[PDB]
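What follows is a model of Integrin alpha-L carrying bound isoflurane.
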Amino acid sequence: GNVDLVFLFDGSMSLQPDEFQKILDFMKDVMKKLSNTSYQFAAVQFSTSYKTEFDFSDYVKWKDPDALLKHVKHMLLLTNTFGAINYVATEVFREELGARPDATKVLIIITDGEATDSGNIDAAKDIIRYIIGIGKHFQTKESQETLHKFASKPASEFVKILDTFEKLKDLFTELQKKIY
Ligand SMILES: FC(F)O[C@@H](Cl)C(F)(F)F
């Protein structure tokens, strides 16, 4: 079956340059490992504001992850996660931007800290949502649990807590094996 997958990636000032680069490299690696499959991809950077770095139609045009993310600049502002998820739901999953009506909608949210905004993500309820929380801001159970509201249920499936950015590589086998 077809899968339309969006990477929603944190560009806040909490991320160090090498950490941000590791997020980019992970997205590229995931795409390369799923090239010429039923997958199509889009990517959105979020910080204070939201930017579609490439749409599904861009992916279909280029099919080159290096090219698609070549123009990304680290935003270096806040962490407005609620609005970011709603932005994906309303502004990226659109047929006119290459989204396929028959596809399963999937979000991979990648962040290094707690949201600086609030509200709800009701608009994104029909999207299958994974969240990857990385690094020392998620050392405590309480901090980890703040991510549950953004992800699908059960949290034990959809919330991934990684202690280091180097651990992103450990997700590839699992991601490749998913059958939606
Ligand atoms: F299932 C895919 F969406 O990848 C999952 Cl395991 C994710 F956690 F890496 F995002």
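Numbering of residues begins at 1 and proceeds along the displayed sequence. Scope of the values below: all heavy atoms of this structure, side chains included, with no hydrogens, waters or symmetry mates. Order of appearance sets the numbers: ligands from 1, and atoms from 1 within every ligand.
When each atom of isoflurane is checked for a heavy atom of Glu174 under 4.0 Å away, the hits are 6 (Cl).
The protein heavy-atom contact nearest to atom 3 (F) of isoflurane is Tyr180 OH, 3.2 Å. Counting atoms of isoflurane from 1 in the listed order, those under 4.0 Å from a heavy atom of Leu171 are 9 (F).
At the shortest separation from atom 8 (F) of isoflurane among protein heavy atoms lies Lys160 CG, 3.3 Å.
Judged by the shortest distance from any of its heavy atoms, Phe7 lies outside the 4.0 Å radius around the atoms of isoflurane. Most residues contacting isoflurane in chain A map to the UniProt domain vwfa. The source field of the entry for chain A reads Homo sapiens. Less than 4.0 angstrom separates some heavy atom of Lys178 from each of these atoms of isoflurane: 1 (F), 6 (Cl). Heavy atoms under 4.0 Å from isoflurane belong to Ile108, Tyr130, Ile132, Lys160, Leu171, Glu174, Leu175, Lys178, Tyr180.
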